[PDB]
Amino acid sequence: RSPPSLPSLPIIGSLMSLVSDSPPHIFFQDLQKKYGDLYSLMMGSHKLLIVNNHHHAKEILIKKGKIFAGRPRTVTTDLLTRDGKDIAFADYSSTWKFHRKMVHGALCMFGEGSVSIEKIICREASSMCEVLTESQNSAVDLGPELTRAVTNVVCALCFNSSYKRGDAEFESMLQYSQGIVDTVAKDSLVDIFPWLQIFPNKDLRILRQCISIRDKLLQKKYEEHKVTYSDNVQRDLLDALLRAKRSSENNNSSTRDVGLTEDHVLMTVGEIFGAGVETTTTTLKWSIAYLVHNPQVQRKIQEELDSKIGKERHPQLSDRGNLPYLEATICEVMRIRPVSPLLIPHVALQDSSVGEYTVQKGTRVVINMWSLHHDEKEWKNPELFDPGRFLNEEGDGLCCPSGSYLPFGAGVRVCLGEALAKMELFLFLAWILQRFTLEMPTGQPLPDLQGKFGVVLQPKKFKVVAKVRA
Amino acid sequence: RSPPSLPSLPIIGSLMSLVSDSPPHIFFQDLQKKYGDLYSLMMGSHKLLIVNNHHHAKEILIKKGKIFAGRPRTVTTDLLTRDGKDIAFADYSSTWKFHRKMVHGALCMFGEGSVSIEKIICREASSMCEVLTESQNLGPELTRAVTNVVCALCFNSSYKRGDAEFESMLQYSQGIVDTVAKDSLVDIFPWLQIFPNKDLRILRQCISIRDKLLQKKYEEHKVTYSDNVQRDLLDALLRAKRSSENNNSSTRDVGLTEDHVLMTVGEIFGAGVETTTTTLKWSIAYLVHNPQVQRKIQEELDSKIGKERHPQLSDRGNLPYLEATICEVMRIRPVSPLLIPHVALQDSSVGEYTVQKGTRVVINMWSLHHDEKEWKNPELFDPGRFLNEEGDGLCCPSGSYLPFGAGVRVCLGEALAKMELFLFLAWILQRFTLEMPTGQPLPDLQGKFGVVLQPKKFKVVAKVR
Ligand code: HEM
Ligand code: HEM
Ligand SMILES: C[C@]12CC[C@H](O)CC1=CC[C@@H]1[C@@H]2CC[C@]2(C)C(c3cccnc3)=CC[C@@H]12
Ligand SMILES: C[C@]12CC[C@H](O)CC1=CC[C@@H]1[C@@H]2CC[C@]2(C)C(c3cccnc3)=CC[C@@H]12
Ligand SMILES: [Cl-]
C-alpha cells in the first residue's frame, strides 16, 4: 500500500519525468492531476514524498512529529551549516533541542535592564520612518532602508550591534547572502549526485566563496565577544551561547551530551542571523507589494491605527491584541506568498505511515506549503489578497478560516523565530502605515507578484516610494 | 464629563449603599441597571471606577495601558508582598518590567539539557494518572500535580505523595486566599490596624509560615549556588542579584534586594498553584455537567493522538475542540471576576468620561464575559463559541474576550497556564471519563469570591475507559 510514484530509473530515478518551466511548488501542485494529493518520486538514490493535503501534513508535522523530525544531509547544506551543526538542517537530537531553547531564552531575555527587542524594533522603525519623511521630496526607495531596519533588529539580537546607514560592510553582507540564497538548497546535480564534486562545479565554488566571507565576519564577532565577555551581562544570543559553552567545559550534568563546540556556537548564531534577515525582509517586501496593489487595505489599516493608536503615540507591542485588520493582513500575506513553498525535507526516522499509505524509513517528506495555502478546496479564490479571510463575523477579531493554514509550520520543528517574526511584521507595518501611504513612483506600474524561487520565495525588485500622510 | 457615581458620605464613601448578599462581581454588574456600564464609587477615602464595557476595558488596558498601569497599596497585599516588591501589586516601574522578563526567561530556559517544563508537566500528569488507575476508588491529587510544576520551576524540587510540608502549605495558602484583597475594613480604613483585627492575625501567621519556607529554600539555594548551572527561577534571580551587586550598569534602577527575590519567586509559586488549580477544578466541574463534551474531546484525542503515546505539547494546533473547551471554561468562570485595580498614574479619560489621577479602575471581568450584548446565553457552557464554521480551528466570538487580560499588565504566566491546562486535561481525558459517585448530585457552580473565584469542593471520581 505504497503511495503513487513517478516512473523511476535505476541511478537517475525520476529526473527524466520532472523537467518543466514551472517553479518546483506549482509543478508539484499540477502533478496532483495525475498522481493525487500524496505521491513519491526518486531524485537519484533518494526517495521524496510530496505532501499536498493538510490532513497528511499535520500527520507528518504533529501526530508523528518526532519520527518525521529527521533532516537530510546535502553538500550545499553541509557547507552552509558545517555538516548540519545548526537548527534547521540539524538532525533531531538533544543538541537541536538545546540550541532551540537557547535561542528562545536569549530572545525572552534580550536587553539587560528593562530594554527589549520591542525597544530595538521601535528604534529601527523610527530611524527608518524619519528617513522617509526627510526624503519625501527626494524619493528614496525603502526596501533597502527596510532591509537595514530588519537586519539591525536581528543584528542587535545576535551580536549587540547595528549597521550604520550607508555602511560599507552591510551591502557586502547583503551581497554574499543573496549569493548563498541563490546557490544553496536549490536541487542541483551535486546535491543529487554528491560524487560530482570530483568535477568542477560553478555554484559550489561561489557558495564556498560566500561562506568564506560569512565565516570571516562570524569569527570576528566571535573572538571580540570572547575578549569582552563577562558573567554580569548577557549582551546578546552569542553571549548566551558562550556562557553555555563555558558550562559545558565546567562539566555540569545538564549540557554534557549537548554539542557546544565552537562550530555549534557559530552556526547557531549565523543561522539565526540569516533567518532573521531573509525571512522577515522577504515577508515585509511581499507586504509592501500587496499593499501597493490593494490601497483599500492600506486605508482600512490606517483608519484602524487612527482609532486605536493614532496621533500622539507610536504603535507598541501592547497594541498587539487590538489591531485585528492589520493582524489579518499579515496572516494573508503569509498565506498568499509562503516564505518557503517547499519546506525543508522531514526525513522519516523509522518505518511509519501517512494516512492509509506506508512510508519507508529514510524517505524525504516535502510538505508543499504552496498547495496547502492555495488549494481551491480550502481557500476561495486563492489568488485574491483578502485580509477578511482571517477576520471574525464582526471584525472584532480573527478566525482560522481553514485547517490548512500553517504559516510557521507546526509540531516539533515549528519555526524557531515565530514570536520574533510576528513582532517585526506587526511593528514595522504599523509604524509605516501610521504616518505613510505606499505608492508606486510617478506613473510606473504595479509590481510583479511571481516570485524568484529558492529556499525562500523572494519577490523581484520593486522600487516603491512612501508619501505622507495616514 | 464625570461618570455617574454612587452616593457617598464623607469618610466612609459609598459603603453601606453597597450592602448585598450578592457576590461583588454580580452586584456591580446589576448596578449597571441604574448607573450604566461605567460608574464610580468611594470605598472609604479611595475612588473606584467600575468598568463593565469591553471597549472601556480595552482603552484602560491597551490604548492607555501605561497611564493605567499603577497598582494600589493595601494593608493586606502590602503584607503579602512586603510593600509591593512582587509583580502583581508592584507599581509601574523598571523593577516590575525587569522581574517580568526574568520570569519569562527562566520559564523559556528551564532546566538545561534533557529537561523542559513540558517534561515536568507530563511527568506529573503520569503520576496522577497512575494514582487514578486505582480505579473506582480526586481533587487534591490534581492540586499537588499542579503544585509540582511551579515547585520545580521555582525551586527545582517536588512534594512526594504524603509529605506533611505539602498539606502544611495548602492550609496556610487557604488562610491567605481567605484574607487578601478582600475589602476587609482594615483595607478600606488602614488606620484600624492599630486595633485587634483577626484577619491580619490569620495573615501575618500564614505569612510567617510562608516566609520561613521561602528563606529555607533561599538559604539552601545560596549555599548550593554555582555560576555554571541555573537550576530554576530562583537561581535566575540570584544570578541577576549578583550581577546587580557587581555594578552591571543596566540593572541599576531595578531592585534586586533579598526581599525582591523572595517576593518574586513566592508570587510565581502562589500564582502557579492557586490560579491553575482553580481553573482546572472549574474545568472538571463543567466536564461533569457536560459529559457529551468529554466524549467529543475523547474522540478527538483518539483520532489525533491515538492510544500508543500520551499527549505532547507539540499537539498545540491539532486539538481544536479541547482548546475551545478550555477557552469556554476561562470565559464562563473568570479566574479573577474583578481584577486588581489599574490605578490611574495621571489624569486621563475613559470613553468620553474623565478619570482622576489616583482613581482605582476595577475591570469587571465577569460582566465582560457575561454581557448578553456580546455573548449568547452567557450561562450556557458551549465550547463551540470558540470553534470556526467547520470545527477545523479556533475563532474569536467577541472582542470582549480577555481571559488573561491585555496590554502592559497582561498575565505573566499565560504561556505556563496554557501548557498546564492543555496537557493535564488531555492526559486525563485520554484515559478517563469524569463521573461522580452515583449516589451524589451534579456539583455547585456558584463558587467562592476572593482574589480567585474558586469553586466549592465536590469529590470527583474518574472512571477508566
Ligand atoms: C517571517 C516569517 C516566517 C515564516 C512564515 C516562517 C515559517 C517557517 C516554516 C514554515 C518553517 C518550517 C518548519 C518545518 O520544516 O517543519 C520554519 C522553520 C524555521 N524557522 Fe521560520 N519562518 C519565518 C521567520 C523566521 C525567523 C525570523 C527566524 C529567525 C531565527 C526563523 C527561524 C526558523 C528556524 C530555525 C527554522 C527551523 C526549525 C527547526 O528545524 O527546528 N524563522 N519557519
Ligand atoms: C490559569 C488561568 C489564568 C488566568 C485566566 C489568568 C488571568 C490573569 C489576569 C486576568 C490578570 C490581570 C491582567 C491585567 O490586569 O490586565 C493576570 C495577571 C497576572 N497573572 Fe495570571 N492568569 C492565569 C494564570 C496565571 C499563572 C499560572 C501565573 C503564574 C505566574 C500567573 C501570573 C500572573 C501575574 C504575575 C499577573 C500580574 C501581572 C502584572 O501585574 O503585571 N497567572 N492573570
Ligand atoms: C540561507 C539563509 C539565508 C542567507 C544567509 O546568508 C544564510 C542563511 C542562514 C539560515 C537560513 C537562511 C534562509 C532561510 C532559512 C533556510 C530557514 C528559514 C526559512 C523560512 C522560515 N524560517 C527559517 C532557516 C535557516 C535559514
Ligand atoms: C495570594 C496568592 C495565593 C495564595 C498564596 O499562598 C500566595 C499568593 C501569591 C500571589 C497571588 C496568589 C493568588 C493569585 C494572584 C492574586 C494573582 C493572579 C490572579 C489571577 C491570575 N493570575 C495571577 C498573581 C498574584 C497571585
Ligand atoms: Cl498573528
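We name chains A, B, ... by the order of the sequence lines, and we start the count at 1 in each one. Below, each value reflects all heavy atoms present in this structure, side chains not excepted, and no hydrogens, waters or symmetry copies. Quick check of the header: X-ray crystallography, 3.0 Å. Start at 1 and go down the list; that is how both ligands and their atoms are numbered.
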> Drug at ligand 3: what is it called?
Replying inline: abiraterone
At the binding site of abiraterone (ligand 3), which chain contributes the most contacts (name from the PDB entry)? Cytochrome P450, family 17, subfamily A, polypeptide 1
Show which other chains sit less than 4.0 Å from abiraterone (ligand 3), counting heavy atoms only.
-> A
ask   = Taking heavy atoms under 4.0 Å, what residues and nucleotides bind abiraterone (ligand 3)?
value = A:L80, A:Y176, A:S177, A:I180, A:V181, A:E271, A:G274, A:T279, A:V339, A:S340, A:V455, A:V456
